[PDB]
Chemist: 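Hey, got a structure here with S-lenalidomide, can you help?
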Amino acid sequence: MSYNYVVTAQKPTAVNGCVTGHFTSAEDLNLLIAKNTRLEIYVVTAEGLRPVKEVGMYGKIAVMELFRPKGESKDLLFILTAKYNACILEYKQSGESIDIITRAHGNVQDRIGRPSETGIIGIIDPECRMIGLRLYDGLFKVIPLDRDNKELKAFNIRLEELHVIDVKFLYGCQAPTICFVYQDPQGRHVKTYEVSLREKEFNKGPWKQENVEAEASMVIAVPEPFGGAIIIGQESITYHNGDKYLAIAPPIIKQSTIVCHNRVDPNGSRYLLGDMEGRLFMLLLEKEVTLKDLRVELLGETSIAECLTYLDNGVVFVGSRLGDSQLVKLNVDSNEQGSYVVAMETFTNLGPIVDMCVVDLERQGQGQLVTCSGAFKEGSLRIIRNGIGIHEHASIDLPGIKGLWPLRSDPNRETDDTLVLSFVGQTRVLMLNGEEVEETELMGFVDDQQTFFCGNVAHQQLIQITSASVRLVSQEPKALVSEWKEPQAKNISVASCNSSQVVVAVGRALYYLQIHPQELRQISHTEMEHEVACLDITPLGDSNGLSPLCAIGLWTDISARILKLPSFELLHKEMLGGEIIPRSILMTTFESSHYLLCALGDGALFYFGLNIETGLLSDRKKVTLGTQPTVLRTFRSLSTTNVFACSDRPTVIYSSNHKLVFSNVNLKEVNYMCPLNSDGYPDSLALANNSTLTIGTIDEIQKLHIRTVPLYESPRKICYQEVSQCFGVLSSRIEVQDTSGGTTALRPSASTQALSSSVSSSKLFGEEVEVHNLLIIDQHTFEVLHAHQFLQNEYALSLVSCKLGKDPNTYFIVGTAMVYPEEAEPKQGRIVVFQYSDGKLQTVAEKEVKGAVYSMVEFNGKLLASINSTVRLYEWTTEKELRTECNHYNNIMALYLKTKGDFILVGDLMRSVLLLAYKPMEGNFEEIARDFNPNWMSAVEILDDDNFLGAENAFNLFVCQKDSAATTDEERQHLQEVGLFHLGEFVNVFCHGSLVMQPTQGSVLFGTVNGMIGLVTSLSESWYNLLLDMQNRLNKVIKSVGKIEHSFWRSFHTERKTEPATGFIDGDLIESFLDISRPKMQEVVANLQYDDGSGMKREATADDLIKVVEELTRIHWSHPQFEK
Amino acid sequence: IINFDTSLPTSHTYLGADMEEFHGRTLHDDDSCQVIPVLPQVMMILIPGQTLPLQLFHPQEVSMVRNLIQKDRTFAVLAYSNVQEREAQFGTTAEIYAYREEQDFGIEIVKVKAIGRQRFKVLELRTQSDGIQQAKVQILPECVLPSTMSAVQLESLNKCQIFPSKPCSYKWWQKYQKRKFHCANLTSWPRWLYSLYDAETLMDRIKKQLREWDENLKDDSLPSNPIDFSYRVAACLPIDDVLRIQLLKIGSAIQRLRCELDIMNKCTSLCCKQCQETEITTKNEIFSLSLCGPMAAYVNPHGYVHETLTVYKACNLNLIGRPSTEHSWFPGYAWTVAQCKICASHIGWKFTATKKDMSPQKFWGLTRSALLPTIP
Ligand SMILES: N#Cc1ccc(NC(=O)Nc2ncccc2OCc2ccccc2)c(O)c1
Ligand SMILES: Nc1cccc2c1CN([C@H]1CCC(=O)NC1=O)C2=O
Ligand SMILES: [Zn+2]
C-alpha cells in the first residue's frame, strides 16, 4: 500500500569489475570482484580462490582500483560509486577480526556537468601521485593522493576535446601523462597531455596521432621498458610511442568487437583480450630492446566476459554479466597443440533476469522460481529452490523397498556395517565394507517374511520383527535365541520396538513384550476399541531405554491415545481430524522439549506437546507437508535429534529457539529412510524411492539450489502451464546471412535441437537476423519437447498461458509484431493461440492486428491485449476464434499491462500511467485515473486495489496511489506519489509469489539485470513507523564502508533531481540489527516505542526487536556466508 | 521563392522604425512560484521560443510595459481553456527583446517584440486597480531525460557508445540503432521500441516528413537541439487550441516530438472551424515563407494578434475589398480579406505580389483560429 518493505532475496550475481593485487597482505595475491553493491575479496591459492571477506556498500560500484602509495606496506583500494561517493579503503586484520577501514572519503560530483557517453572513467597514475576522474564532458578531475587530502578534495582541468572514448595514464613519463582517444567532426584521434603539478593544468603531451581507426575504443598503457599505448579498434590494433608506430589487422579478430583486456606479465609482453562473443585472445608484443611487431592468438572460448583478470599458474578469472563467471586454465601444450583454454570452475550468474515465474505458489510445499536468464550462448533457464540438500555418495538399483534398518553385526564395532531392507513378503540384508556393499544372509533372520522392524537390542542381541513373529538373535553366536508368536499364531499388524522393550499390535489386540538375556517375555495384553494404525515406544526422557508411554492410532475413529507401560491404561485421548486414518505416530524430544507427532494418509501432520509424567496434548497444530502419507524416522544431527519425514515432499523437522521448523529436502521423492553411520559412510543416511537405494549425507545448512538449463540462445519470456507439466518460453537466436539465399545458425541451440518441431511458414552479406521461437520445455526433465518458429521478421513479444471463455483447454498465446528496418512503428502483428498436446504444438487460432502486441493478460476469462496505443478486449467463442469486444484508445503506447479484478494498469516507457476499469453493463472501458511524469520506466505491478508499484530510471522504485481523500473528479483521477526509493538495481519483471520463500502482507518478487532478486511486501502504518525510527537509529551505529550515509544512498535519484526516500523500509538495513553487539542493540531501541496490539506503546527492549527482526528474516531466502 | 527575402516576415518591419533591443538572461528557478503581469487583450497560446509582436494603445497597458522594460521585461501569456470565462490553468512567460514607444500627435503607442521562454501552471489569477492582471504562477520544468540505455548500458560497451558521424543514410540509421541500443538485450524490450523514444531518430522522422511536404526546406532550418526543435515545430503546427494546450502541457522533448509525429501522420486536411463543410487547403500547399516556419504570430493595426499560415493554394474562399499594402506582414505583397464561401467567416487573406519579378506571385495567409485540422 503506502508502507512497503523491500528486502533482498538473492544478492546480485553479475560481475561488473575484477582487479588483482595485495590488499589483504603484502604477501597475499588477491582477487577483488565487484558485484554492484557488493565487494568480494579472495586470496588466490594454487588450488583456486579462498573467500576471505565480502562487504556491501551504500552505492553502486563504478570504479575499483588498487594502488600503493609510497611508504605504504600493502595496496589500498579506491572506490567511486555511481552517485560520486569516493573513498580510499584499507584492509585490517587483527587475528581473526577483519575490518575495512576508510582512510579518505568525499563526494566528487560537480554541481553542474554533462555526464559523458562512455560513462565514469577512473584512473590512477603509476607513481600514485593522483586519481584522475573523467565524469563530465570537458573536464578532467584530479584528486591529489597527498596524505593530508582525507576529504579527497579535487581540482578540475578543462579538456578541449569534449568526446573522450577512453583514457589512461602512461608509464615511463617524467610527469603524470594521460593518453586518450577522442572523436570530433574531423574523425577519431588519440592525444596525450602532461599534467602540470604546479599549475594544475595540462601541458602539451609527448605525442599524438590523428585519424586512427573510426572504431578505436580502448586504450592500454604499456609499462616499461617499452612504454607507449596500445589502441584497440574493431579491425585493427595499433601501438604508439613518441617516434614509434605499429599496426596489425589480423583476420583472427575480424568477427567480433574486443571489449575487455588484461595485462598478463608486469612488463607488458602479453595481454588477454575478450570479444563480445566469448572469444579469448592473447596479444603478444614482439621485441627485437625494441618493440618490432604485434601478434594475436585465439586461445579458445569463455563465457562472454565483462572483465578478465590473470591470476597465477595459467589461471584466468572471467567475470560475466551475460552468463556464468568462470576460472579458466591456459594449457601448457602450446608448442605441439597450440594455445588452448580449459574451464576449471563455474560461478552462478542469474543476470540478466529478463522474466521469471513462480511454480507451487501454495505454501504447503515451498514454491520454486524459474527465471529467463542470460543472453545469446549464455542464455539459460534457472530453477531456484530453497531446501536442505543431500550429497549422494552411492546409488543401488533395488526396486520395491518397503523398509530400511541400520544394524551393527559386530558388538565390538561402534559403526553400522549392515543395512536391512524389507520387500513385500521378503527381507534382504546388505553388508557394508567401506564403500563396498554386498548382499549377504544374516543367520537367525528370516528372508521369507516382510520385516516391520530390525535393530540392535540390549544384551548384545539383534531383533527382527515380522508379521509372522518377533525373533531375538545372538550377536557372537549369530543364532536365534528366542521367538514370540501370537497365541492363535495370527500375523502382527503393527510393530514397535526399542533396545529394552517391544510392543506389537494384531488387529485391535496389543501385546507388550520386554527383551531379557536370551529371553522374550509377554508382560501385558490389551484390547482396543478400534483397529491399530501405528505404535511408538521411543524412550523419551531419562531411562534404561525404557518408555512408560505407548502411542497408538485408531483406524475406525482416528485418534492418538497414549497408554501407560506396563499399565496399558490410556492416560490421554487426542483430537480426531476427520475420516483420513493415521499412518505414522512418533514421540521425539527436541532440545529439552517433548512432542508427539502424528502423520495421516491425507499427508496432514498433527504435532501435540506431551509431558512424560502427564502425557496430555500441549498444543494442537496441523502442518501439511505433502499429499502422500508421511513416514517419520528419528535421526541425529550434531548432538540434537531431528525427524525426517518421508512423503512426496521429504521434510526435515528442526528445533531452533524452541520452535518447530519444517524445512524442505531438495530430493524428488522418498518413501523410506534411516540413518547410517558406517566406516565408509559416517553420519550419513540411506534413502529409498520406488526403484533405488541411495546413501548420502545432509548439507547441514539450508541453501539456494539452482538448476541451470542451458539454451545456447536468448530466453525472453516464460509461463508455466500446470495441466501440461511444461513451461512455454519465447526465445530468439541470431543467424547470419548465408551465401545460398538463406540464413544459418551460429551453433546448435534449444530452438534447433527440439524433440519435435514446427514452423509458421515454409518460406525460402554477413548481416545478422533474429529468429524467434516458442519453446515447450518439460518441467521435470527440462527437455525441449517442442520448438515452433515464427515468421521471418516476426518478433515475438508477449506470452500467456490460460483458459478462455467456456473452453476447457489451456492454451499458449503469443503476441507478435512484424519488424522491418525501413518501418519505425510496426503496422502488422498477430495473436496466435497454440495448444500443446500429443507432444505437438497446434495452431488453434490466429488473429491479425495492425500493430505490435506489446503485452497480454487473461482478464476474467477474456484476453486483454495492448496493440500500439490501443488496449483491446477479446472474447473466445465456441468456434475457437477471438472476437473483439471493445477497444480503448490511449494517448500512450501500452507497453506495460497489469490487472486486478475489473481494473487495468496501463504503462509506457516514459512513466505515463493510466488506470482503466472495464464496465460490464457497457461492454467498454472507463478511464479512472492517470499520472504523466516523464522518466524511463522498466516494469510495473499492482500491489492492491489502490496502489501500484513501478521501477524507474536511475534504479529507483516508486509507489503511486488512487487517493481516497478526494471528492472532486479531478482529485480522484489523479494518482498520488506515496513511495520513492533508490533500489540500486534495474527491474525487468515484477511477479506475485506469495509464501514462496515462507508483520508483512502480500508478496511481490522482482528480478533484475544484475541477477539480484528482491521482495516487496506491505506494512501497516504502525510497523512502518517503528521500522522507520529503527532505521535512523541503526544508521548512527552501523559502520558504513566509505562513510556513505544510508539516507543519501536510498534517496530517489535522477540526473536532474534527488529526493529523500519515503514509503519504503530497507529490509537489508533492518536485518543488520541482528549482527550488532548487545550494548549497541540497546542504544538502538532506547526511547523506541513498541506498539503491541493493545495500542498502548511501551518501551522497546532489545529482545522485543530481536524477535521482530528474526521473524522478518523468515519472509525471504537466507543469504550464504561468503568466507569459511 | 524568388525576390522574397524569407527573413523579412520575422523582422516585423510593419511595426515601424528600428526598435531598441534588450538582451535578457531572466529565467525563473524550476518549480518556483512567481507573480507575473498579464496583458488583458492578448488571447494567443504562446509556445517557448515563439516571437510575439504586440501593439499597445491603452494607457494602462503602455504604463505596465514601460515599467516592465525596467526590471525582468517578462509578462505572462495565458493559454485560455475558456476564452469567454477567461479560464486558464497553463501559460508561457514572454520576455520583451524589442521595444519602441510612439508619442507622435500626442498619441501614445507601445510596440514590443517578445519571445516565449518558460511554461507555467496558473496557481492564482488576480486583477489589479490599473486593470492589469497579476498571475500567481508555478514554473513547469523542462524534463531532460538521459539515454534509455544509460541505466542498462554495459561498462565494457560504454567505449563503443560514441559512433562516427553520419555522411541520414538508411544504412547509417540501422547501424545507429544496433550500437546505441545493444544493451536492450539486458531488458524486456527490443531496440526498435527504444528508437520510438529516441530524440535524434524522432527529429529525423519529422524532418523527412516535413521535407516531403516542403522540399523547399533544403537547408537545416530546424534547430539541432531536441527541445528547440520540438518547440519550433509545435509553434508552426496548424492545430486546434485544445491540441496546442496539450502540446504545451508536455514537459519532455521526446513526448512532444512523438505527439508532433502522430499529428503530422494523422492530419491531412484543413477546414473552416465555423461551418466545417469547406476544405480551405491541404498539407502539400503549406510552405515556409519565413525562416521561423509556415505559421507565425503577426499583430494587426488594432493590436490583435493572428497566427498566419502561408499556403500556395487555398480553395472555397471569397475575396472582399481591394488589395492593400498597408500594414502588410509580408513586404512586397498586398492583402485582400478572404471569407469562407458557405459561412462568410474570415479565414484569412490572399497575398498578391506588387512586382512581376517576385515569386510566389500569389499566396494565402490563413488564421489558425479560423481553421480546424481534419483527419481523413
Ligand atoms: N523551422 C521550421 C519549420 C517548422 C515546422 C514546419 N512545418 C510544420 O510544422 N508543419 C508542416 N510543414 C509543412 C507542410 C505541412 C505541415 O503540417 C502538417 C499538418 C497539416 C495539418 C494539420 C497538422 C499538421 C516547417 O515546415 C518548418
Ligand atoms: N486595416 C485593418 C483593420 C482591422 C484589422 C486588420 C487590418 C489589417 N489587417 C492585417 C491584414 C493582413 C496583413 O498583412 N496585415 C494586417 O495587419 C488586419 O488584420
Ligand atoms: Zn465556413
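By convention in this document, chain letters (A, B, ...) are assigned in the order of the sequence lines, proteins followed by strands, and residues within each chain are numbered from 1. No hydrogens, no waters, no symmetry mates; every other heavy atom, side chains included, goes into these values. When a ligand or atom number is given, it counts from 1 through the structure's own listing order.
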Chemist: Which chain letters or ligand numbers go with S-lenalidomide?
Modeler: ligand 2
Chemist: What does UniProt call the chain with the greatest number of heavy-atom pairs under 4.5 Å to S-lenalidomide (ligand 2)?
Modeler: Protein cereblon
Chemist: Can you give me the letters of other chains with a heavy atom under 4.0 Å from S-lenalidomide (ligand 2)?
Modeler: B
Chemist: Quick check: does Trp335(B) get an N/O under 3.5 Å from an N/O on S-lenalidomide (ligand 2)?
Modeler: no
Chemist: Distance to 0.1 Å, residue and atom name: give those for the protein heavy atom nearest to atom 3 (C) of S-lenalidomide (ligand 2).
Modeler: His302(B) NE2, 3.7 Å
Chemist: Could you name the option among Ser324(B), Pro301(B), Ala334(B) that has the heavy atom nearest to atom 9 (N) of S-lenalidomide (ligand 2)?
Modeler: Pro301(B)
Chemist: OK, so UniProt lists some (S)-thalidomide-binding residues in chain B. Which of them have a heavy atom under 4.0 Å from S-lenalidomide (ligand 2)?
Modeler: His327(B), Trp329(B), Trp335(B)
Chemist: Which of the UniProt domains in chain B holds the largest share of residues touching S-lenalidomide (ligand 2)?
Modeler: cult
Chemist: Only heavy atoms of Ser328(B), strictly under 4.0 Å: list the atoms of S-lenalidomide (ligand 2) that pass.
Modeler: 14 (O)
Chemist: Does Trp329(B) reach S-lenalidomide (ligand 2) with a nitrogen or oxygen that is under 3.5 Å from one of the ligand's nitrogen or oxygen atoms?
Modeler: yes
Chemist: Can you tell me which residue and heavy atom of the protein come closest to atom 17 (O) of S-lenalidomide (ligand 2), and the distance to 0.1 Å?
Modeler: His327(B) ND1, 2.8 Å
Chemist: Listed by chain and number, which residues of other chains have a heavy atom closer than 4.0 Å to any atom of S-lenalidomide (ligand 2)?
Modeler: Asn300(B), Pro301(B), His302(B), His306(B), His327(B), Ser328(B), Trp329(B), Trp335(B), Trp349(B), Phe351(B)
Chemist: Need the list: S-lenalidomide (ligand 2) N/O atoms against protein N/O atoms, distance under 3.5 Å, rounded to one decimal.
Modeler:
residue, atom, partner, partner atom, Å
S-lenalidomide (ligand 2), 14 (O), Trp329(B), N, 3.0
S-lenalidomide (ligand 2), 15 (N), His327(B), O, 2.7
S-lenalidomide (ligand 2), 15 (N), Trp329(B), NE1, 3.2
S-lenalidomide (ligand 2), 17 (O), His327(B), O, 3.3
S-lenalidomide (ligand 2), 17 (O), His327(B), ND1, 2.8
S-lenalidomide (ligand 2), 17 (O), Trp329(B), NE1, 3.3

